[PDB]
Amino acid sequence: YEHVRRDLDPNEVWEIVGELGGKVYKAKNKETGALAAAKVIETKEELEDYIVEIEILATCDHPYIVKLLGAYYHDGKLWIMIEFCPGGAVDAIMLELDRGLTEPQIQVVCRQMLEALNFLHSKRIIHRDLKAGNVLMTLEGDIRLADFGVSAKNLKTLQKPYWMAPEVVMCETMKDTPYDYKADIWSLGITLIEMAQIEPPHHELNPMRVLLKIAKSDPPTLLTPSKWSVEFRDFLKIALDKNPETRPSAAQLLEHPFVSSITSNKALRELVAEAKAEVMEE
Ligand SMILES: Cc1nc(Nc2ncc(C(=O)Nc3c(C)cccc3Cl)s2)cc(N2CCN(CCO)CC2)n1
Ligand SMILES: [Ca+2]
């Protein structure tokens, strides 16, 4: 049975039961009871973007990656059903609690993010859009990497020399292994800083000026380094290496002392508990 289901009717198994919010609908599974975040997109030429996105998710069965629960194309509308992550995105949590994550909370996220990235890169899949907004939480206090839109669009492009300039050679070399997957390692680093300080580095600047600033400036560091362990700072130092040639893998970073001793998700379970209690304040 293929990954996009033509034969079955989505309404048979799934029923919409609210909104989250182009749109994002909450959907109940009538057989199992399981909850899902649903997307019912009407398009019918470039829905192959979504099909490749679905085939990425289906291949990436991992604890720390969002689960594909089902994909159906049924008279004009494409249904993508993804496991419901009741904690929401980490950036939303920071907004609700009006603060950044603590270090033990960041250590868990980092550790679990590295396990997911080590897995994705094993499959020659690159996320290419890591940020706190794409790290979703469960109530047990585990992450789920979400939103493989950018990953899929990039993959579709790749799916479908004596005179070449050096800059062009470098940008076709950065498109293949073992350089392409290093982009996620840099983005992890920035995501960690975002979790420490709520906003990412260069947030004062507008997006056009930001690209130059990332190109021209030295790697970002933590604003108030006294608040953080030398292990966190050292982790950032090596992860935010501007040269992708010397920038370490996820596999290598899993052995760094900032994450190697992490054995419990407790700090994150607490975070999600605090955030959910905060939502109840009214
Ligand atoms: C926006 C949102 N999503 C939540 N969970 C998700 N699980 C999985 C998601 C996902 O895979 N989405 C997705 C899809 C489906 C397609 C393409 C691309 C993407 Cl990114 S989204 C929870 C949530 N909550 C409401 C608000 N808070 C409670 C009261 O305040 C917290 C809970 N809100
Ligand atoms: Ca924001």
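In order, the residues displayed for chain A correspond to 23-43, 48-70, 73-188, 196-317 in the PDB entry numbering, which applies throughout. Below, each value reflects all heavy atoms present in this structure, side chains not excepted, and no hydrogens, waters or symmetry copies. All ligand and atom numbering here is 1-based and tracks the order in the structure.
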Most-contacted chain near ligand 1 (per the PDB entry): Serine/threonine-protein kinase 10
Drug or drug candidate at ligand 1: dasatinib
Non-hydrogen contacts within 4.0 Å of dasatinib: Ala63, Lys65, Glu81, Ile110, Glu111, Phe112, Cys113, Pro114, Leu164, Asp175, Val314
Top UniProt domain of chain A touching dasatinib: Protein kinase
Numbering as shown, the atoms of dasatinib that approach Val314 to under 4.0 Å (heavy-atom distance): 29 (C), 30 (O)
Contacting atoms of dasatinib, where contact means under 4.0 angstrom from a heavy atom of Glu111: 7 (N), 8 (C)
Proximal atoms of dasatinib relative to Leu164 (non-hydrogen, under 4.0 Å): 6 (C), 7 (N), 8 (C), 9 (C), 21 (S)
Modeled covalent bond for dasatinib: none
Heteroatom distance test (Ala63, dasatinib): nitrogen or oxygen, under 3.5 angstrom: no
